[PDB]
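Complex: pirmitegravir / Integrase.
As listed: the chains are lettered in turn, A, B, ..., one for each sequence line. Sequence positions for chain A are given in the PDB entry numbering; the residues included correspond to 57-138, 153-187, 193-207, in order. Shown for chain B, in order and in the PDB entry numbering: 57-138, 153-187, 193-207. Order of appearance sets the numbers: ligands from 1, and atoms from 1 within every ligand. All values below come from the heavy atoms of this structure, side chains included, with hydrogens, waters and symmetry mates left out.
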Protein chains: 2
Amino acid sequence: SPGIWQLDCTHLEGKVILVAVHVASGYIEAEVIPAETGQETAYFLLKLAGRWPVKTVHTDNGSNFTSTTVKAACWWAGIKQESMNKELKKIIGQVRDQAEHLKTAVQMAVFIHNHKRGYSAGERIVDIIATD
Amino acid sequence: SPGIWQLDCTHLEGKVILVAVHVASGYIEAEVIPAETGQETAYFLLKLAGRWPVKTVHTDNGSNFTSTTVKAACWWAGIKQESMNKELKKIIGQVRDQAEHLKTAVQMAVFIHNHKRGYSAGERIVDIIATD
Ligand SMILES: Cc1nc2c(c(C)c(C)n2Cc2cnn(C)c2)c(-c2ccc(Cl)cc2)c1[C@H](OC(C)(C)C)C(=O)O
Ligand SMILES: Cc1nc2c(c(C)c(C)n2Cc2cnn(C)c2)c(-c2ccc(Cl)cc2)c1[C@H](OC(C)(C)C)C(=O)O
C-alpha cells in the first residue's frame, strides 16, 4: 500500500539515526536526531507527512509511538498506526570518510540508496504514488 | 523542467527559514536553520538531493552559493546552477498558535501548502517526476 511507512531508530557513534522507509518502494528518509525522544519522533513525522502521503506508520518498537506528543502529531497529520538499517549502516561506512559529521554521511548514504538502481528506490516511489 | 528548484532564506521571530520550491509544481520543502550559513545550505542541499532529482538550483541571492562548502555539496550531488515566502509566512501565521516552536509551525505550513488543492502541489510534483 502506497501510504505505509516504517519508522525506526538505529545507533552509530553514540548518536541516533531515525530511519523512515517507504515499505512499498524501499525509499528512505533518514536524519540524525540529538536524542531518541518522542518530541523528535513527532517532529520527524510532521516533516515526513508534509512531503509524502503518509497514511499508516509501522515500527519495530511500538513504545516509540506511546508519546502524547507523537500521538498528537499523528492526529494532526491524519496518520494511523499500521533489513534496511544494516544496508544504510553499510553505505554510511563506505562514505563515512567523505565527511566530518555523521549527519552529513547519513544524507550521503540516503542519496546513494534512493538513487542506486531496474529502477531506483526514488524512481519507484514517485511511480507508486503517481499511479495511486 | 522537472529538476529545477529555487532555494531562499526568509526571516521570522529572529530565526531563518530555508525554503526550497520545486518551480515546476510549487511543492515546498522548508526547514528552520540556526543560522544563515553556507554549511546549513550545503547540508540542506544534500538532504534535498537525496529525496528528489535535483538537477539545477536557482536562488534570489546568488551569494548564497559562493561558499566553498556549498559548491562541494553541489559537486557531490551533481547539481548545477540554473511569490511563495509570502504564502508560506501567511500559512505559518494561521497555524502559529497551534505550536510552541516556530519550526513545528513551519512544518505544519509545509504540510498544508503541499496538500492544499485541481491537484495539490504534492500531487503534481510526483506526477511531473513520474512522467519524466
Ligand atoms: C562541516 C563541513 N565542512 C566543510 C565541508 C567542506 C567541503 C569544506 C571545504 N568544509 C570546510 C573545511 C573542511 N576542512 N577544513 C580545514 C575546512 C563539508 C562538506 C563535506 C561533504 C560535502 Cl558533499 C559537502 C560539504 C562539511 C560537512 O558538513 C556540512 C554540514 C555538510 C557542511 C561535513 O560533515 O563534512
Ligand atoms: C514542544 C512540543 N510539546 C508538546 C507538543 C504536545 C502535543 C504536547 C502534549 N507537548 C507537551 C506539552 C505542551 N504543553 N505542556 C504543558 C506539555 C508539541 C506538538 C505540537 C503540535 C503537534 Cl501537531 C505535535 C506536537 C510540541 C511541538 O514540538 C515538537 C518538536 C513538534 C514536538 C511544538 O512545537 O509545539
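- With a cut-off of 4.0 Å on heavy atoms, the other chains touching pirmitegravir (ligand 2) are A, B.
- Looking at atom 28 (O) of pirmitegravir (ligand 2), its nearest protein heavy atom turns out to be B:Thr174 OG1, 3.2 Å.
- Close contacts between pirmitegravir (ligand 2) and B:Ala169 involve ligand atoms 33 (C), 34 (O), 35 (O) [criterion: under 4.0 Å to a heavy atom].
- Protein non-hydrogen atoms do not reach within 4.0 Å of atom 17 (C) of pirmitegravir (ligand 2).
- Taking all heavy atoms of B:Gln177, B:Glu170, B:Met178 into account, the minimum distance to atom 35 (O) of pirmitegravir (ligand 2) is reached by B:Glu170.
- Selection from A:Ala133, B:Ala175, A:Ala129 by nearest heavy atom to atom 24 (C) of pirmitegravir (ligand 2) gives A:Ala129.
- Put simply, atom 9 (C) of pirmitegravir (ligand 2) has protein non-hydrogen atoms near it, under 4.0 Å away.
- Nearest to atom 25 (C) of pirmitegravir (ligand 2) among the protein's heavy atoms is A:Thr125 O, 3.8 Å.
- Taking a cut-off of under 4.0 Å to the non-hydrogen atoms of A:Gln95, the atoms of pirmitegravir (ligand 2) that pass are 1 (C), 2 (C), 3 (N), 30 (C), 32 (C).
- With the cut-off at 4.0 Å and only heavy atoms counted, the binding site of pirmitegravir (ligand 2) comes to A:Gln95, A:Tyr99, A:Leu102, A:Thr124, A:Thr125, A:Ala128, A:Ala129, A:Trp132, B:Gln168, B:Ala169, B:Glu170, B:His171, B:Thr174, B:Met178.
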